[PDB]
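Chains are named by letter, beginning with A, in the same order as the sequence lines. Residue numbering for chain A follows the PDB entry, covering 77-616 in order. Using the numbering of the PDB entry, the residues shown for chain B are 20-237, in order. Residue numbering in chain C adheres to the PDB entry, whereby the residues present occupy positions 21-234 in order. Indexing begins at 1, ligand by ligand and atom by atom, following the structure's order.
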Amino acid sequence: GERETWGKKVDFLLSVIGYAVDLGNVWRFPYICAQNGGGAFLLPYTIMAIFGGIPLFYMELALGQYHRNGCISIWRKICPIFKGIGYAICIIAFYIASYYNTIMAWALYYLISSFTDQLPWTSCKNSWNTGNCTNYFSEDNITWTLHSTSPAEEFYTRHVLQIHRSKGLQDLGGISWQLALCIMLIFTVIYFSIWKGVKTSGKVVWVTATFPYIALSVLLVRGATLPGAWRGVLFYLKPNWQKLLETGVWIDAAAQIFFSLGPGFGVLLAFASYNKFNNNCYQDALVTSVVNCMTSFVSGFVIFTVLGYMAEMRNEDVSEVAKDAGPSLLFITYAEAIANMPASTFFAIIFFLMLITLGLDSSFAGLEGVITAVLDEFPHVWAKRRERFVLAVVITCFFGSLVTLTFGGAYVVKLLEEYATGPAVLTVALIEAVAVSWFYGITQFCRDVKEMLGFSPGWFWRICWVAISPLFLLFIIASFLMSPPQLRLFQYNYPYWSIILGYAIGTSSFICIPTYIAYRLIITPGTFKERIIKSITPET
Amino acid sequence: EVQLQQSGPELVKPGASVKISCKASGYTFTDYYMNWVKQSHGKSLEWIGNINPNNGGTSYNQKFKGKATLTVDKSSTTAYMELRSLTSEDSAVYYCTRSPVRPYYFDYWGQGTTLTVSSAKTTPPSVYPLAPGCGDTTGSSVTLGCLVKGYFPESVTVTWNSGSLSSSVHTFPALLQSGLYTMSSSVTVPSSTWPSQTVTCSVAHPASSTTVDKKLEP
Amino acid sequence: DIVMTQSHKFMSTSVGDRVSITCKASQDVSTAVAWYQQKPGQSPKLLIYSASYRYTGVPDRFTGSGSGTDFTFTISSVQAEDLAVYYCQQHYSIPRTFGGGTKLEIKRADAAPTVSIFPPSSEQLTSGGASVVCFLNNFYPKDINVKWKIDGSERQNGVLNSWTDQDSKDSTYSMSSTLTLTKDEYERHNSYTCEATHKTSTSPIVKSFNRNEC
Ligand SMILES: CC(C)CCC[C@@H](C)[C@H]1CC[C@H]2[C@@H]3CC=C4C[C@@H](O)CC[C@]4(C)[C@H]3CC[C@]12C
Ligand SMILES: CN(C)CCC[C@@]1(c2ccc(F)cc2)OCc2cc(C#N)ccc21
Ligand SMILES: *[C@@H]1O[C@H](CO)[C@@H](O)[C@H](O)[C@H]1NC(C)=O
Ligand SMILES: *[C@@H]1O[C@H](CO)[C@@H](O)[C@H](O)[C@H]1NC(C)=O
Ligand SMILES: CCCCCCCCCCCCCC
Ligand code: NA
């Protein structure tokens, strides 16, 4: 008869926040904020939120709580031809889950290796270090060479990732069994948090979403107590208003607030589906996003205080110590800074645990949206048991992550995250933004909000959904397609054909949306105007 | 025995290009960044940019972006710097210096390369001997000397008897006038070696490749 | 970028005195300052790195101190061969900038300028010119007046004064006054005379010669 609901408002109120907050909030925002105007990056970061991010977040969050349908069945009630979107996202998810979990696997392997009294990445007398390995608490006067490496860089590169055993994308096999066991434990800890439905995913989030703020607080007062930490904050907040003249940093801010907010994917749709009909949507979206940004903001300090201390211990120019913009900023730089602090075991355990709890909530929701849609599209054909479907998804993602668990797995992570998944999620998000605003009608949407909340949404939001948001996504998509960034990772430049592979994976994700449009266009009898009329008008 | 041997002086017309070499020896060439420092006449040092010999990892200065191009050859361990669109400001002494990654100091430098960007014709120097008169009072030491008049650019070397001996030679800086340089040299030798032995001054001009030797005669 | 400001472009010291050069940077530098020595006519030579640390092959008399923006390079016992231009350079932020440079001149006792006049050689007379030369060797300081006299009249046209850099053995300057003239005018005068006024003595040193085959 009817579907389930939430156990408490706070459970989903923290579930959506837990999905929104992840690793990128911690480390992607501080770097891009430091190199694009410093504190002045705060100005375009908010403008792209109020006009781009918040309208998509709220508009996405409203439809779910109004229609109470999955990512697939909701299109049958809006624009059946666009039902392929609900499938596209599914395929998209299969790609996303192929790498997003492996990162956590790395953190887990770093956590289980942090139970030793002497942390592995402090000394160089290990079984994986080379002759270039030079650590501290060693002879003074040491001078760095073009070939010299640090015990942290050696530990990440040659032990956990083991990327020295592959020559690139061409030859990357085989699979590392350690990270396979790690990602199995992770795929097990997400199973028991989803298999029961929204009951456990609203209860497990209590831990996964609150721990990172505590850990960030400890790391904050720690990095604030470190000598010479003001340099990282200065480099973090130094206004460079000339960056605002470049048309690039605005696109960077737009993309950053889009992926951090994460609209258009059906996760917010599914989370909103299980909720009260008369429940407020405005305040929910507002609070959650503003926290997601604030959390990024304080995370900036959490990183740059420690990196400032690292620049003080070395010789300044935080850009030099923060050259690498990736996991290496956390797994090498930040970790090496942790190793040189008292109670290093503590600050390592809580750090990697923080990473894992940062990732878990987003993977809970990440799967939750797809599971919800599929069950809603194939009801009671499906839903006979939930644990069965959730297990069938988790295992598929595990076999889908074996390509990422290889020695040259990080390369595939970059390729899929930047050349494949990204432009496809932006594309399908653009398709949704166009469909809801220009097909279903923005006036009827404001009428639905007027039904739930009791009042029609303001003109400020209507004018955003009509024009501001679709142009907001269009600008980012066009900016990427016009000039895809040259990929580089660990002194290795990607081949020229990488963009061909990424686009191949990207297009293969939404091959379902136009072919489904052709499907319904080929299924409905009569004239094409009557078929597109039964395809544009919701089900009678 | 870390040695960085650069190329000789270069005289080029404005608007042309010039390439300077840098042969390295005495260390692992693939271990250190190779840098180029520009020093103007009477001015301070000015870091142009570095290059990673392993892959040619260049890192230029914002002030020299599009002005200098750094290359490297591992087969012969030699670095190169090319300058295009040469003007009067480029006429300076250029060095190539070795440097580690951290701390970024310049441990070993090259001998330098005197670059002259001008359209003036390469003029051979006129070597005229400056011998003391026959009416002077020969005391404990006589002062000899040679004169160089009219040459371009500032690229000249005046030696004395293959560098033996030169414990009292005073060399005066060249003066530029009407597009030609003019300098002079002197040497204070005791009265127990003149005019007994052979004292001959050598004037070399690498720009015109002309070496004129003149012996002093009282 | 970073602006390394050396306020004192020139500093005077004596053999054996304690000399210290200051270096002012734009922003805070921590301990990323290098001190280089460039002798006149040679390439720069690294002396100090990271504020205080000495490089291999550097005497113990050269020290370094400072931590932040103002830095000091200290020499305890100044030698005659310590005559060079000193540069400070930051090595933290890209790009690496340098200081203005402090030419360290050595102060000593006065010295009498040995003046030596020379008649134009025959090789120059063949080409068709004649330049009387007046050399001023071993004196201190640099400030010294040079007056020419062809035949008692103070000659001022065609006189070029060339001051050399300080010496690295006895710290004595040297200059050359050149009187370039034509052959036709040279063969119309006999006894040339150049005189130099210095602070060592009130009477200017006067040198003269005759053209009539010395
Ligand atoms: C998922 C499917 C549909 C994508 C297939 C698209 C094809 C055409 C793409 C995907 C991967 C690409 C290949 C990736 C690897 C290599 C090895 C290299 O030495 C030559 C290029 C080559 C051979 C590429 C050719 C083009 C390529 C084969
Ligand atoms: C958006 N917030 C911050 C969480 C991000 C996790 C993510 C997600 C989706 C499916 C999964 F199985 C696991 C994770 O949610 C949407 C999304 C889009 C892209 C793109 N391009 C990349 C990752 C995801
Ligand atoms: C250090 O690394 C370089 C490449 O970065 C490698 O060529 C060299 O062999 C390494 N040193 C040792 C002792 O293995
Ligand atoms: C200082 O470090 C360098 C690094 O190349 C080393 O060669 C040198 O021996 C060190 N100094 C001393 C005194 O050991
Ligand atoms: C609707 C926009 C689609 C953008 C995805 C990438 C487009 C790729 C163009 C065709 C190249 C396909 C290579 C196999
Ligand atoms: Na999360």
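As PDB records put it, the drug at ligand 2 is escitalopram.
Against escitalopram, the chain with more heavy-atom contacts than any other is given by the PDB entry as Sodium-dependent serotonin transporter.
The letters of other chains with a heavy atom under 4.0 Å from escitalopram are A.
With non-hydrogen distances under 4.0 Å, the site around escitalopram consists of A:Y95, A:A96, A:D98, A:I172, A:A173, A:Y175, A:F335, A:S336, A:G338, A:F341, A:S438, A:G442, A:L443, A:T497, A:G498, A:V501. In this deposit, the organism assigned to chain A is Homo sapiens. Residues of chain A that UniProt annotates as binding Na(+) and that have a non-hydrogen atom under 4.0 Å from escitalopram: A:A96, A:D98, A:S336, A:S438. With heavy atoms counted under 4.0 Å from escitalopram, the transmembrane segments of chain A in UniProt's N-terminal numbering that qualify are 1, 3, 6, 8, 10.
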